[PDB]
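Encoded as structure tokens, the structure appears first; notes follow it.
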2 protein chains.
Amino acid sequence: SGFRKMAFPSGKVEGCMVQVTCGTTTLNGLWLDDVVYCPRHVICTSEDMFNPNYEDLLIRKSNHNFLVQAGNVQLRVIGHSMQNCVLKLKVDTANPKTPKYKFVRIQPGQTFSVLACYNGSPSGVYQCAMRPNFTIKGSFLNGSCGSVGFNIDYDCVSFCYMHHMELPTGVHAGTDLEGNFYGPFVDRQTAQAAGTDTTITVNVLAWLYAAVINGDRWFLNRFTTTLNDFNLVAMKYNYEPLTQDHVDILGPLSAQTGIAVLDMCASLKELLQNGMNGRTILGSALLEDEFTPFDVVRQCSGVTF
Amino acid sequence: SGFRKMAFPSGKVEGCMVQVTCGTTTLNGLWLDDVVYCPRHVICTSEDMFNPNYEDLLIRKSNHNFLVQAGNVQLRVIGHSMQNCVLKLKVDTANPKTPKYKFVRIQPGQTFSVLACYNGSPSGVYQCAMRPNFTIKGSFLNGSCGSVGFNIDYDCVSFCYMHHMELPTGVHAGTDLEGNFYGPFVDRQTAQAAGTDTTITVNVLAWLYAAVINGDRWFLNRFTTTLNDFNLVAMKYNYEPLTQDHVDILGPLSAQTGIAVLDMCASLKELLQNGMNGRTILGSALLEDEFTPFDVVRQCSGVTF
Ligand SMILES: *C(=N)[C@H](C[C@@H]1CCNC1=O)NC(=O)[C@@H]1[C@@H]2[C@H](CN1C(=O)[C@@H](NC(=O)C(F)(F)F)C(C)(C)C)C2(C)C
Ligand SMILES: *C(=N)[C@H](C[C@@H]1CCNC1=O)NC(=O)[C@@H]1[C@@H]2[C@H](CN1C(=O)[C@@H](NC(=O)C(F)(F)F)C(C)(C)C)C2(C)C
């Protein structure tokens, strides 16, 4: 028992982190087989980042202008190209620690682990969610760019995020590993802001099932609701609409606990309309929305990698 | 910017996890050089665990009764001994992935990362604190025993915890790596309960400094206080006494922000006496006490390993 915000073990990703320097700009890269992936603004000086022409800046660079360091070892760059907002640096050595991996683009509401890195060295690991407004609530400083987010399934690392920038209010934005931004953001130092965020309804429901499994049951009421009537109530409280797909992914937790999804919705509806009256759920005074249904099943069943 | 509950990168520890089976009992072990460390109740059947005589159970075991598996490879056990509540299994192969390490006994109030494992394979990593009542608020299932807690300092892993048992209310108890329990607990399946816990005052203060650094400043008031008068107020709210040693370890955060420790104490005093009135600090509606001062400096300064 117990329920914690849990990250994936980071070792498989640690073995892929490198340092990339171009000129005086340094950030992190991801070394998979004989390719290093990193944010393209490594080729910018401080003055270039407000209105960069990346194609022009890249045309002026040769392979040898990129200093790639894996630990205390320089990797020789033998090719380079740009794909959307990432650079791909071909190196003459394949990373022997390359895990089985794929590149995935995740959906808003899905969670992943971030391995925050500086100068190619890991600082820490934490779990976060792709918010409905396409930001993440991370913890990132200068030099953190190129840190990656990932999920693990058995032996396979699915990379889903590479870090590029910080938006107002201390939230973070980045790309998939093909260099395409999540959300409407661009890698330029300009006036950009995230849209209004929304609470991830299906994740709150998943976390309420986690609470029941841990014996924190006070919020269960005696009612049910229709999906439509729940969604009318949730809307006012800035919760996203609950879809039938969301209901379906809650199926395993509903079957395990015997609590119909729409019954849990009735209990959540009451929490939104009446508050928690100084009570906590799994130690939290606010409803938590950064556990997916699969996160709850993994943690409560002890899935390993 | 941003502030997250952050774990250490787990890779160095992942490389040390193994599976230990004796009879039909399986749990995790820690493989460092040519020794595997694991909880001694691996030698118990289900019926032995209520009133075990570990010395007697161990006398009946030979080296070959211990099946140690590192991945898909069996490690030959060539010696065995018991030290307090841990078994030490000498194996004929040294772990090539052994990091620089030490064994430390941590103090209540200090934090560490846990790599939760089952059958020698990692499930997840999370950050926790040794509570004043010598439990941790973890997430552990059947078969999790032998999972370890640790800190990292540059290249050196300080192992401080090995998991043994779950107490009422879903909190967890274990030993240092010399097999000595934290707290008054014994590795026997008997009626045991943790004492009343207390809030880790110095950690709450550290987290309030983290809030200031992130620009969440609303709670700063215009007053100071004496250490004695603060401790009188904190006592009623089940906060531990703040010592001069605690004041001293807050020094770096106090110097960085220019907020005297006793001034922050005056602000905390007001939060305890008046509540937060529906406000949050760093997104939390409750005061957080599982960041140490050094945790805050590490995260806000980007310390790497
Ligand atoms: C990459 N190492 C950093 C990571 C930042 C630094 C502070 N916290 C982070 O997460 N990325 C940048 O510095 C990028 C880089 C130029 C400017 N920038 C920003 O993150 C800036 N933000 C924006 O311009 C905004 F608001 F549009 F997102 C900054 C004001 C420095 C936080 C480029 C190319 C975006
Ligand atoms: C080790 N793999 C498990 C970990 C437990 C299982 C459920 N959650 C955990 O953290 N440890 C045990 O099963 C130990 C083992 C016998 C009994 N036990 C317990 O944790 C039990 N608790 C106690 O006996 C109590 F309350 F005293 F702590 C249990 C009721 C199964 C949770 C021994 C030798 C302590």
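Numbers restart at 1 for each chain; the letters A, B, ... are given by sequence-line order, proteins then strands. In listed order, ligands and their atoms are each counted from 1.
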Drug identity - ligand 1
nirmatrelvir (bound form)
What is the name in UniProt of the chain with the largest share of contacts to nirmatrelvir (bound form, ligand 1)?
3C-like proteinase nsp5
At a cut-off of 4.0 Å, which other chains have heavy atoms near nirmatrelvir (bound form, ligand 1)?
A
Option whose closest heavy atom lies nearest to atom 29 (C) of nirmatrelvir (bound form, ligand 1), chosen from A/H163, A/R40, A/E166, A/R188
A/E166
Hey, which atoms in nirmatrelvir (bound form, ligand 1) end up nearer than 4.0 Å to a heavy atom of A/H172?
10 (O)
Test of proximity, A/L167 against nirmatrelvir (bound form, ligand 1): N or O pairs below 3.5 Å
no
For nirmatrelvir (bound form, ligand 1), which atoms, with element, lie under 4.0 Å from some heavy atom of A/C145?
1 (C), 2 (N), 3 (C), 4 (C), 11 (N)
Nearest UniProt active-site residue in chain A relative to nirmatrelvir (bound form, ligand 1); least heavy-atom distance to 1 Å
A/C145, 2 Å
Do any nitrogen or oxygen atoms of A/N142 come within less than 3.5 Å of a nitrogen or oxygen of nirmatrelvir (bound form, ligand 1)?
no
Within the 4.0 Å heavy-atom shell around A/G143, which atoms of nirmatrelvir (bound form, ligand 1) are there?
2 (N)
So is A/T190 close enough to nirmatrelvir (bound form, ligand 1), meaning a heavy atom under 4.0 angstrom away?
yes
Looking at A/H164, which atoms of nirmatrelvir (bound form, ligand 1) are within less than 4.0 Å of one of its heavy atoms?
1 (C), 3 (C), 11 (N), 12 (C), 14 (C)
Identify which UniProt domain of chain A contributes most contacts to nirmatrelvir (bound form, ligand 1).
Peptidase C30
Give the numbers and elements of all nirmatrelvir (bound form, ligand 1) atoms closer than 4.0 Å to a heavy atom of A/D187.
34 (C)
Deposited covalent linkage of nirmatrelvir (bound form, ligand 1)
A/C145 SG
Entry source species for chain A
Severe acute respiratory syndrome coronavirus 2
Quick one: what's in the binding site of nirmatrelvir (bound form, ligand 1) at 4.0 Å, using heavy-atom distances?
A/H41, A/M49, A/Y54, A/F140, A/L141, A/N142, A/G143, A/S144, A/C145, A/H163, A/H164, A/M165, A/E166, A/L167, A/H172, A/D187, A/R188, A/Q189, A/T190, A/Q192
